[PDB]
Amino acid sequence: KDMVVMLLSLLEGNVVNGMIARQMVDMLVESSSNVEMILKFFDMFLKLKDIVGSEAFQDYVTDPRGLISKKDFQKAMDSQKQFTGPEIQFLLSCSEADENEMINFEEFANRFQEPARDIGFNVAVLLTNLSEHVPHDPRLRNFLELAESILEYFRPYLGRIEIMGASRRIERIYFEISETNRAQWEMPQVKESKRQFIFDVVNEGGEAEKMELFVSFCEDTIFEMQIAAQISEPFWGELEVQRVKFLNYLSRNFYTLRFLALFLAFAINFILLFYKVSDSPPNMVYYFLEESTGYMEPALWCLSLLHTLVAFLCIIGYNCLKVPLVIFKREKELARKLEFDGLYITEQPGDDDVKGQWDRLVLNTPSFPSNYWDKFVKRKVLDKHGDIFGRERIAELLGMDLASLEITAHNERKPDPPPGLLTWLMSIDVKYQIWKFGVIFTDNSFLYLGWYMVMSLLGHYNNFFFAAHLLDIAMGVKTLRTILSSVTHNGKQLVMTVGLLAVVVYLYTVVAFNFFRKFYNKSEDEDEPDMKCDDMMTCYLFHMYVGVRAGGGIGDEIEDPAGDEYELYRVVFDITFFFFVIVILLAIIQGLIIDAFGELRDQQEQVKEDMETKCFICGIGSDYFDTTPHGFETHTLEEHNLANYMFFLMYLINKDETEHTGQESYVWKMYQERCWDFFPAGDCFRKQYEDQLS
Amino acid sequence: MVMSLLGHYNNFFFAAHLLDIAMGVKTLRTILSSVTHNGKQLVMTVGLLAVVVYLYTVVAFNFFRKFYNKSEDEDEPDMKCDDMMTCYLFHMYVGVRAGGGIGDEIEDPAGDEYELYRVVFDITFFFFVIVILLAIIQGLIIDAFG
Amino acid sequence: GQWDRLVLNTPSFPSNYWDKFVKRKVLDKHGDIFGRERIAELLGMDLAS
Amino acid sequence: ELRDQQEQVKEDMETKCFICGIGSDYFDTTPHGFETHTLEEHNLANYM
Ligand SMILES: CCCCCCCC/C=C/CCCCCCCC(=O)O[C@@H](COC(=O)CCCCCCCCCCCCCCCCC)COP(=O)([O-])OCC[N+](C)(C)C
Ligand SMILES: CCCCCCCC/C=C/CCCCCCCC(=O)O[C@@H](COC(=O)CCCCCCCCCCCCCCCCC)COP(=O)([O-])OCC[N+](C)(C)C
Ligand SMILES: CCCCCCCC/C=C/CCCCCCCC(=O)O[C@@H](COC(=O)CCCCCCCCCCCCCCCCC)COP(=O)([O-])OCC[N+](C)(C)C
Ligand SMILES: CCCCCCCC/C=C/CCCCCCCC(=O)O[C@@H](COC(=O)CCCCCCCCCCCCCCCCC)COP(=O)([O-])OCC[N+](C)(C)C
Ligand SMILES: Nc1ncnc2c1ncn2[C@@H]1O[C@H](COP(=O)(O)OP(=O)(O)OP(=O)(O)O)[C@@H](O)[C@H]1O
Ligand SMILES: Nc1ncnc2c1ncn2[C@@H]1O[C@H](COP(=O)(O)OP(=O)(O)OP(=O)(O)O)[C@@H](O)[C@H]1O
Ligand SMILES: Cn1c(=O)c2c(ncn2C)n(C)c1=O
Ligand SMILES: [Ca+2]
Ligand SMILES: [Zn+2]
Ligand SMILES: [Zn+2]
């Protein structure tokens, strides 16, 4: 592996048909027999690993202990028609058959899988690197064909990205994707987050912020993977292990509890349909269930208590699953503004940003970067702004002990962490907790869950309050949320047109009070008239209440204008109120909703169209890549796959800095400097070497 | 075929066959496709309509029951909101189909302590159910044509 | 998928499909890794025939 | 009709230069080429 790593280092910054790459191919050809032997070592045991697990092989295994004789092994392998004569004999020699010629094929298959994995992957990378940089060498395809199984095995783990290197050229980087990283990336919650992120940047995002948003998405996704790993499952100590297990259970099953609460709400409201009010006890009336089974009344009490418990568990499930991301994001953006902007050093927000003013409480807290990965943000800010703003003033702002900086760098102290609850009392950063709770209390999702719980408790005072919970279907079902989004999309316009409706009706009221009052007698009685327009407030209410809701406008409600001096004036008043209010203004309200359906629909189409016509990374259209058959499909899955950039960032974090290659160090340095110039923009490997590749 | 055989038991079953024009004529099938294109959304908004009407029923049963006497008779009242199931049916049956919402059907709220509360109940039910929710149903069909 | 298991061993499985030698091709492709006798049992094939 | 007019105006400004009329696709050969072109090379404010 170390020799191959040296060979891969010689290929750093190597152009297509480079002299070093062609020399390396000649070196492999000069030692072709040895290379074939090495490749024949890897595929034989990779094939052996899957053969022993095959159903046909198990038919030969007859020993109850799980062993197999050499003669039985001999007839098992040649029945697969995958190995030759000498190959089977070599496998027999490698098998540690006992004095009874019995072979433990379980350990035999797994004996070399782990020791030879690192070298096998690097050989696959070496052949892949040479093939893509010397594509017109007939001598190299022979090695690729002989290593087809090795390449196929490591295909899901061989990640490749393209970057703009320091040499002002597009370079292709090959790295390793671990099994855990790919498994976590394929989780449905992570995939849903990716779809939401893609929709946001394509719809309401810019080109200059596209890569910075993408990196921020990667940082959030990595943090969420840690949370999922922590909550996953395979006297103080006894309770703590059960407490975290209980909390993890709620975090894992947060959405099922949300569904369960919605189900219980319908069950409670179904029972409430049987309520009946009667003067007689089961001049005040009594409200009681009316059913013959006799089990619904106890069931309502049981469901009401159960619903309250589930709602309470949702809050605990939420603050252990979603709150850490909220704190992580807020700490992340605050730290960068402290360093790269000097938010509380230079600009000092002008009291109109409640978010900025609230974050002042956490600057001097000893545990400010609790969720954010960078634990040395204060150290970095001090080195950047200390000279221009004052080291002692920066330390006071960030709550840093300057005298403690050196002693920590000198040696390390190991104190006594007493596992007592009393010692745990004063170890709580009260100021940080106040800041953290303020962030949680300003979260829309947490406030909704809090309202759901409060309503559940009010349900115990009157059960009818459990009706409010049936609203949850607004966000419980995504189909309704999309439908309701068609109402809230133009919500501001809907409010204004209703306000405009109130003003136009007031103008009609003023005309009526002044000129048409006699026609507003709404009493069939003859000696006591119920005049509806003897007061402006009463007449305005009359127009807004019965006038708007009437099919034919105000004219339907008011007395006939026939045989009267003002008949023509009243026909204009009635027809104009019908047109302007009933016809035009109600069409605007309906028109806004209909237009919202079209506007939301094209946003989905626009996002889908952009993803299938342009690359998310380089921005080059699919038309250019389609010169080569299936060019755009291969480009978005192999060359500029956005998932590989996610994996490459995780690869750099786990890998030791001393082991970073020249290309890896270049990208890693720019990640720490927040410079996204390594992302290819408007260029790709295929475009840079069009003459050589074609 | 089954409906044709049932037609022999009662000839009126032969009416079902007139539905065939849905696929017999391609023009109608395209028109009907504009309804089934957003059929799932149409079902959900009707379900949403049932939930919003239930919330109005709960408010009525609790606070506005006196106004639900639908009997011109004076000694035997036909109270429509003395039971939740009856009151919910009343809102779903006459309330939704009324042009001006529930207010048109129920007794006038004038000269009463809860008059302002009842005007908000009547105007909001007109806006949310008659105006907004029926526009969504019509909006889904219109959007499907586009 | 579960309903199609009834037709795998039927003597006239490719009645309408033009390829009448699908069973022969499947046996040659998966017989070595899954067992020729087990494939024949699954597809209702007589190896001696 | 009014909605697409706003979209058309916004789309044209973000896809073509107001001065030379060359599309953003040509300038995007260079990373952030169109952004620099509309802020440094052919900025309409500089002509003012
Ligand atoms: C008010 C609803 C808030 C949310 C509105 C959305 C829901 C739409 C409609 C829902 C239906 C509501 C049920 C109404 C029927 C209840 C009748 C009743 O019990 O009326 C209650 C009135 O009491 C109350 O008002 C208590 C409620 C406190 C304040 C109510 C406001 C809710 C606060 C909301 C919390 C956060 C809200 C902020 C977010 C805004 C909304 C998102 C009287 O009893 P009762 O004595 O004779 O018996 C009790 C039996 N014993 C007395 C014998 C024990
Ligand atoms: C005379 C013809 C003018 C009517 C033109 C209508 C054009 C729009 C005008 C609207 C306001 C009309 C006020 C007229 C000013 C005074 C007229 C006069 O000389 O007044 C005339 C009476 O003529 C009339 O009856 C005019 C009747 C007007 C009815 C027109 C119906 C149109 C309603 C339009 C509602 C506006 C809402 C628009 C919303 C826009 C949404 C898109 C004689 O008085 P007077 O000695 O008995 O003592 C006034 C009475 N007070 C003692 C109370 C002061
Ligand atoms: C039920 C319709 C099924 C399809 C609905 C879509 C059509 C929309 C409406 C169509 C109009 C239907 C005509 C109703 C009037 C019939 C009155 C009548 O005869 O009512 C019948 C009721 O009997 C029945 O119900 C028999 C029918 C069996 C079950 C009916 C359900 C139909 C089964 C559907 C088969 C597959 C359906 C699955 C797909 C779902 C739909 C796509 C009674 O007689 P009658 O005794 O006095 O005389 C007979 C004269 N002698 C008795 C003297 C002989
Ligand atoms: C008091 C003002 C609160 C009204 C604010 C309305 C805002 C939304 C609230 C809706 C539910 C109202 C319940 C109020 C809680 C109890 C109030 C109270 O203290 O109750 C007050 C009475 O005040 C009232 O009359 C309030 C009347 C509310 C009418 C508001 C009409 C709006 C209808 C909205 C329908 C919701 C559907 C929304 C769908 C959304 C679709 C987009 C005194 O009791 P109580 O001693 O006689 O014994 C309670 C009676 N029981 C014995 C039966 C328990
Ligand atoms: N750089 C890119 N990386 C990945 N996909 C890209 C890129 N540029 C454009 N795309 C397009 O994004 C589309 C979305 O990816 P795709 O649908 O294959 O993802 P998935 O992981 O299989 O799951 P899902 O269907 O949920 O998105 C692809 O069809 C591809 O054409
Ligand atoms: N010649 C040009 N000069 C300026 N902007 C141009 C030119 N051609 C195209 N544009 C586009 O016009 C858009 C509008 O400019 P921009 O939004 O940056 O202006 P502003 O002064 O910051 O304020 P505002 O957001 O109110 O327009 C830019 O995003 C740019 O892409
Ligand atoms: C989690 N994480 C990052 O997400 C990260 C990083 N350096 C840069 N980034 C983006 N480090 C060191 C890190 O631990
Ligand atoms: Ca090194
Ligand atoms: Zn690309
Ligand atoms: Zn220009």
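All chains are named by letter (A, B, ...) in the order of the sequence lines, taking the proteins before the strands, and each is independently numbered beginning at 1. Whatever order the structure lists ligands and atoms in, that order sets their numbers, starting from 1. So this one's electron microscopy, 2.5 Å, going by the header. What you see here is only part of the deposit, and the contact count is restricted to that part. All heavy atoms count here, side chains included; hydrogens, waters and symmetry mates do not.
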Peer 1: Given the options caffeine, ciclopirox, cimetidine, sulfanilamide, fosmidomycin, which is seen at ligand 7?
Peer 2: caffeine
Peer 1: Which bound partner of caffeine is the main one by contact count, according to the PDB entry?
Peer 2: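 The largest contact count goes to Ryanodine receptor 1.
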Peer 1: Give the letters of all other chains that come under 4.0 Å from caffeine at a heavy atom.
Peer 2: A
Peer 1: List the residues that UniProt gives as binding caffeine in chain A and that have a heavy atom under 4.0 Å from caffeine.
Peer 2: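 Among UniProt's caffeine binders, a heavy atom under 4.0 Å is found in A/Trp373.
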Peer 1: Any idea what organism the entry names for chain A?
Peer 2: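 Per the PDB entry, it is Oryctolagus cuniculus.
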Peer 1: Considering only heavy atoms, does A/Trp668 approach caffeine within less than 4.0 Å through its side chain, its backbone, both, or neither?
Peer 2: side chain
Peer 1: Identify the transmembrane segments of chain A, in UniProt order from the N terminus, that have a heavy atom under 4.0 Å from caffeine, or say none.
Peer 2: none
Peer 1: Going by the atom numbers of caffeine, which of them fall below 4.0 Å from some non-hydrogen atom of A/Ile653?
Peer 2: 1 (C), 2 (N), 3 (C), 4 (O), 13 (C), 14 (O)
Peer 1: What residue and heavy atom of the protein are closest to atom 8 (C) of caffeine, and at what distance?
Peer 2: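 For atom 8 (C) of caffeine, the nearest protein heavy atom comes out as A/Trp373 CH2, 3.7 Å.
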Peer 1: Give a yes/no verdict on whether any heavy atom in A/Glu219 is under 4.0 Å from an atom of caffeine.
Peer 2: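 It does, in that a heavy atom of A/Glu219 comes within the 4.0 Å cut-off of caffeine.
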Peer 1: Around caffeine, which residues have heavy atoms within 4.0 Å?
Peer 2: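 Heavy atoms under 4.0 Å: A/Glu219, A/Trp373, A/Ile653, A/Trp668.
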